[PDB]
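Note that chain A carries the PDB entry numbering, so the residues on display, from first to last, are 1062-1085, 1088-1113, 1121-1148, 1152-1344. Method reported for this entry: X-ray crystallography, 1.9 Å. Just so you know, ligand 1 is whichever comes first in the structure, and atom 1 is the first atom listed for that ligand. Just the heavy atoms: all of them, side chains too, but no hydrogens, waters or symmetry mates, feed the values below.
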Amino acid sequence: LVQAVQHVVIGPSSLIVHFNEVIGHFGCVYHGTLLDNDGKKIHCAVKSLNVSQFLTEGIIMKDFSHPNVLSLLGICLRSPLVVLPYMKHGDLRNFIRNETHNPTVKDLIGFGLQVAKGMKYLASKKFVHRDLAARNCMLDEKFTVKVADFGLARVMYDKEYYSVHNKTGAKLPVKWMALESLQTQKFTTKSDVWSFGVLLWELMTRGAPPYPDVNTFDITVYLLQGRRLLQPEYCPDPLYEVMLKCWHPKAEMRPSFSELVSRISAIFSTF
Ligand SMILES: CCOc1ccn(-c2ccc(F)cc2)c(=O)c1C(=O)Nc1ccc(Oc2ccnc(N)c2Cl)c(F)c1
């Protein structure tokens, strides 16, 4: 493990944490400066963790290289610190909810296509996300969407959406979970497809909360009855058909991420 983690570990002398520049219970995010031995100084975001599994997550994230997936600059051991490239426009949900922003109907479909591309890359590597949602996607200075996971850093802020299992300790985002995951607590690439369907609905409503009139406990019965999220006012009919296929009760009937990239590219560029 020590030899395997060598390329991910950053020395404490190489990282400058700007503690008086907070970005945002389980950890704080601050502005930072990373001192690169072979290039220019890097502006970063540093997340503090208030151990063996953590370093293996570091090795997996360091192997990611795709314009639609958040990369890892490294990990600093001394509380442990996670070093990420800085994302100028924060999370995707807060960006589209901002009343001073004017994304077009095509721009919103475009953000959906970017997520599908990042997920197609992850699924080809057999990586299961388990928490795909607009709040976990980042936006850089060039408006490029980066698929990521805050982990436990926003569970208290997003307390309305998260359940924590009393036995396994698992993070459970009930209103983004596939029917079979709510019944078995098992996650697959096909249950990530269901979550992507919910993410598309969030984009086309500019960040509205899903099922606002349905109790947490009533979600399983609501879904077994065959009921689903309603078509947003400015969501095109072919894009709603895509959402409905992502929510099929049989995991095997749901489209692959390759089929999603193809259908959304058609919707995005065709009239
Ligand atoms: C090493 C363990 O951590 C992981 C592990 C896996 N993945 C992961 C999981 C699935 C994927 F597909 C890809 C990556 C992660 O995303 C993280 C993580 O820590 N992400 C994280 C994200 C945003 C943060 O906040 C920022 C950052 C930059 N700019 C601004 N403005 C803000 Cl607010 C932040 F601090 C930390």
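The drug observed at ligand 1 carries the PDB name BMS-777607. Within 4.5 Å of BMS-777607, most heavy-atom pairs belong to the chain that the PDB entry identifies as Hepatocyte growth factor receptor.
Of the polar atoms of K1110, at least one N or O is found under 3.5 Å from an N or O of BMS-777607, judged by distance alone. With a 4.0 Å cut-off on non-hydrogen atoms, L1195 touches BMS-777607 through its side chain and not its backbone. Against a heavy-atom cut-off of under 4.0 Å, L1140 is close to the following atoms of BMS-777607: 22 (C). Both the backbone and the side chain of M1160 come within 4.0 Å of BMS-777607, counting heavy atoms alone. In this deposit, the organism assigned to chain A is Homo sapiens. Closest to atom 14 (C) of BMS-777607 among all protein heavy atoms lies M1131 CE, 3.7 Å.
Within the 4.0 Å heavy-atom criterion, neither part of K1161 lies near BMS-777607.
Residue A1108 has at least one heavy-atom neighbour below 4.0 Å for each of these atoms of BMS-777607: 27 (C), 28 (C), 29 (N). The region of chain A touching BMS-777607 is mostly the UniProt domain Protein kinase.
For atom 21 (C) of BMS-777607, the choice among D1222, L1225, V1155 with the nearest heavy atom turns out to be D1222.
Per UniProt, the active-site residue of chain A found nearest to BMS-777607 (heavy-atom distance, rounded to 1 Å) is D1204, 8 Å.
Interface of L1157 with BMS-777607, defined as ligand atoms under 4.0 Å from a residue heavy atom, comprises 34 (C), 35 (F), 36 (C). The shortest heavy-atom distance from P1158 to BMS-777607 is under 4.0 Å. In terms of protein heavy-atom proximity, atom 33 (Cl) of BMS-777607 is nearest to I1084 CG2, 3.6 Å.
Residue, atom and distance of the protein heavy atom nearest to atom 32 (C) of BMS-777607 are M1211 CE, 3.5 Å. The 4.0 Å heavy-atom shell around BMS-777607 contains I1084, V1092, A1108, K1110, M1131, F1134, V1139, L1140, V1155, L1157, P1158, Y1159, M1160, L1195, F1200, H1202, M1211, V1220, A1221, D1222, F1223.
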